[PDB]
Structures are given as structure tokens and as C-alpha cells.
J.: 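Sharing a structure: FG-2216 in complex with Egl nine homolog 1.
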Amino acid sequence: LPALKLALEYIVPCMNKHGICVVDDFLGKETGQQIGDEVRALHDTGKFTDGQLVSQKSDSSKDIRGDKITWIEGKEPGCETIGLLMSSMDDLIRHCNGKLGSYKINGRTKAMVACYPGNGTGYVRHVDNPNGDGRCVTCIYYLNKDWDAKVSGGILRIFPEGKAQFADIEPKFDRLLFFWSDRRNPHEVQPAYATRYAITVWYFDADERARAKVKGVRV
Ligand SMILES: O=C(O)CNC(=O)c1nc(Cl)c2ccccc2c1O
Ligand SMILES: [Fe+2]
């Protein structure tokens with residue numbers, strides 16, 4: 001699918017109606033697998049953090065850690081298919097622009113690659129941007145070949161604002177997800193019992209980000 005046709009016929013309508021949009025088979029199997037390989041090489045070569053401190057015990061070799069992260073710009077050696085993913089997200093957003101709510105998207109973060117290590121940890125209920133920091137759209141790409149949540153857990157559960165209620169989204173290979181980053185979409189990651197990778201970029205609305213700057217920037 002040309003990025004523009006996906007954007008106009010699918011992303012924009014779904015985002016405006018539901019605030020959440022799932023695109024399956026985004027990049028296809030060859031590119032998805034190449035991204036998988038890049039992320040696994042990052043993991044195998046020690047490029048992730050040790051993971052979010054989940055249980056701090058006053059004895060510390062028994063601390064439990066959860067999601068590990070690394071920030072990727074997309075031009076690093078061995079990360080160029082991740083770079084390519086990021087470009088493809090950006091092209092999708094560029095084709096939506098002016099049509100997602102009333103936002104005008106003018107920038108994004110680096111990619112945050114996350115690895116839930118498969119030790120029963122997940123991620124607590126949260127809103128990505130609860131305090132007006134500029135981020136308007138969360139974009140997540142999942143990496144996980146043959147993921148079965150009934151065995152491996154790791155479902156993303158989102159609670160669209162005032163609804164009875166939730167949507168359960170499997171972290172499926174080659175699935176791309178968008179959702180509004182603000183309090184409209186509280187969400188959580190259920191415990192994962194197998195290694196679970198995802199790559200997230202957040203897009204900034206120009207007006208929100210400009211006044212967030214207000215609330216060394218000193219001349
Ligand atoms: O991975 C998923 O399906 C959903 N993940 C998250 O919502 C998520 N959100 C945030 Cl804000 C962080 C923030 C830091 C590290 C990992 C995160 C994460 O997995
Ligand atoms: Fe989140």
C-alpha cells in the first residue's frame with residue numbers, strides 16, 4: 001500500500017473516529033525480519049539498559065528488572081532498517097498531516113526500542129503524555145514472530161477515554177499501531193513470558209510543543 005492511500009483511506013478516518021489505529025503487515029516479512037535481526041543484535045551486544053527496576057529488595061541480586069530500552073536515531077551502524085522503519089512512519093504521518101485532529105505535526109523523538117525480557121514483567125497503567133509535553137501521537141511497531149498471547153502474555157491493553165472499555169492488542173510481527181498520546185488513551189502492558197520487542201516513536205504537535213518550551217534556554 002502506498003503510504004498516502006493507507007493514510008487517507010485508513011489511518012486518518014480510524015484515528016479521528018477511534019483515537020487508535022492498527023495496521024497489519026506494514027513493511028512485509030523480509031523487512032520486518034531484518035528489523036528483528038537488528039534489534040536482536042542490539043540486545044545481544046549489550047546496547048539495551050538492564051531494565052526498569054520493578055522490585056527493589058534490600059538484598060539486590062534479587063532485584064527484579066523489567067523493560068529494557070535503547071534510543072535509536074536510525075543512522076547508526078546496524079540500525080539502518082530501523083532507520084528505514086522510522087522513515088516509513090514519518091512518510092505516513094507526513095501524508096496525514098493537517099488531518100489528524102487539528103494538530104500540526106512538526107517533529108518526532110528518536111526511536112525507543114523496548115525489550116520486555118520474558119520474566120513476567122510488564123508496564124503499569126499510564127498515559128504517555130499526561131502533562132502537555134508536546135507529544136500528540138504514539139506510533140509503535142512490533143517485532144514478534146508468531147507471538148501467541150495466550151501462551152506468552154504481553155498484550156497491550158488500552159482504555160479509550162470514558163469507555164466501558166478496553167482494547168487488547170497483541171504485539172504481533174509487522175503490526176504498526178497509532179494512538180493519541182494524551183489522557184484519551186491510558187494503557188498498559190500485561191506480563192510478558194517471552195522476549196517481546198517493540199519500537200516506539202512519538203510525534204509532536206507544533207503548538208503544544210512550542211508552549212511546553214515555556215512551561216540554558218537562557219541568553
Ligand atoms: O509496548 C507496548 O505495547 C506498550 N508500551 C508502552 O506503552 C510503553 N510506554 C512508555 Cl511511556 C514507556 C516508557 C519507557 C519505557 C517503555 C515504555 C513502554 O513500553
Ligand atoms: Fe505507553
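Positions are given from 1 along the sequence. For ligands, and for the atoms within them, numbers begin at 1 and follow the listed sequence. The figures that follow rest on heavy atoms only: side chains count, while hydrogens, waters and symmetry mates do not.
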J.: Specify the chains or ligands that represent FG-2216.
T.: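 Every copy of it sits at ligand 1.
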J.: Hi! What's sitting within 4.0 Å of FG-2216 (ligand 1) if we only look at heavy atoms?
T.: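 Using heavy atoms under 4.0 Å, it comprises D67, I69, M112, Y116, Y123, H126, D128, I140, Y142, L156, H187, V189, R196.
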J.: Taking a heavy-atom cut-off of 4.0 Å, which of the residues UniProt lists as Fe cation-binding in chain A lie that close to FG-2216 (ligand 1)?
T.: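 UniProt binders with a heavy atom in range: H126, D128, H187.
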J.: Which residue owns the protein heavy atom closest to atom 13 (C) of FG-2216 (ligand 1), what's the atom, and how far is it?
T.: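 Protein heavy atom with the smallest distance to atom 13 (C) of FG-2216 (ligand 1): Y123 OH, 3.5 Å.
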J.: Report yes if some N/O of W202 lies less than 3.5 Å from some N/O of FG-2216 (ligand 1); otherwise report no.
T.: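 No; every N/O pair is 3.5 Å or more apart.
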J.: Name the closest protein heavy atom to atom 14 (C) of FG-2216 (ligand 1), giving the residue it belongs to and the distance to 0.1 Å.
T.: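 For atom 14 (C) of FG-2216 (ligand 1), the nearest protein heavy atom comes out as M112 SD, 3.7 Å.
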J.: In the protein, what heavy atom is nearest to atom 15 (C) of FG-2216 (ligand 1), and what distance, to one decimal place, separates them?
T.: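 Checking every protein heavy atom, the shortest distance to atom 15 (C) of FG-2216 (ligand 1) gives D67 OD2, 3.3 Å.
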J.: Give the numbers and elements of all FG-2216 (ligand 1) atoms closer than 4.0 Å to a heavy atom of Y142.
T.: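 In order of number, 2 (C), 3 (O).
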J.: Return the organism named as the source of chain A in the deposit.
T.: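 The PDB entry says Homo sapiens.
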J.: What residue and atom, counting heavy atoms only, is the protein's closest point to atom 4 (C) of FG-2216 (ligand 1), and at what distance?
T.: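 Of every protein heavy atom, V189 CG2, 3.3 Å lies nearest to atom 4 (C) of FG-2216 (ligand 1).
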J.: List FG-2216 (ligand 1) atoms under 4.0 Å from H187, heavy atoms only on the residue side.
T.: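 Heavy-atom distances to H187 below 4.0 Å select 7 (O).
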J.: Among all the protein's non-hydrogen atoms, which is closest to atom 9 (N) of FG-2216 (ligand 1), and how far away is it?
T.: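 For this ligand atom, the closest protein heavy atom is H126 NE2, 3.0 Å.
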J.: Is there a nitrogen or oxygen of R196 sitting under 3.5 Å from a nitrogen or oxygen of FG-2216 (ligand 1)?
T.: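 Looking only at distances, the answer is yes, because the N/O contact criterion of under 3.5 Å is met.
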J.: Residues of chain A touching FG-2216 (ligand 1): which UniProt domain claims most of them?
T.: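 Most of them fall in UniProt domain Fe2OG dioxygenase.
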J.: Which 2-oxoglutarate-binding residues annotated in UniProt for chain A have heavy atoms under 4.0 Å from FG-2216 (ligand 1)?
T.: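 I count these UniProt residues with a non-hydrogen atom in range: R196.
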J.: May I ask you to identify the nearest protein heavy atom to atom 11 (Cl) of FG-2216 (ligand 1), giving residue, atom name and distance to one decimal place in Å?
T.: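 Result: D128 OD1, 3.2 Å.
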J.: Which other ligands and ions neighbour FG-2216 (ligand 1) at distances under 4.0 Å?
T.: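 Closer than 4.0 Å to FG-2216 (ligand 1) are ligand 2 (FE (II) ION).
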J.: Quick one: which FG-2216 (ligand 1) atoms are inside 4.0 Å of a heavy atom on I69?
T.: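 Numbered from 1, FG-2216 (ligand 1) contributes 15 (C).
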J.: May I ask you to identify the nearest protein heavy atom to atom 18 (C) of FG-2216 (ligand 1), giving residue, atom name and distance to one decimal place in Å?
T.: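 Here the nearest protein heavy atom works out to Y116 OH, 3.4 Å.
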J.: What are the atom names and distances for all N or O pairs under 3.5 Å between FG-2216 (ligand 1) and the protein?
T.:
unit_1	atom_1	unit_2	atom_2	d
FG-2216 (ligand 1)	1 (O)	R196	NH1	2.9
FG-2216 (ligand 1)	3 (O)	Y142	OH	2.6
FG-2216 (ligand 1)	3 (O)	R196	NH2	2.8
FG-2216 (ligand 1)	7 (O)	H126	NE2	3.1
FG-2216 (ligand 1)	7 (O)	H187	NE2	3.0
FG-2216 (ligand 1)	9 (N)	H126	NE2	3.0
FG-2216 (ligand 1)	19 (O)	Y116	OH	2.5

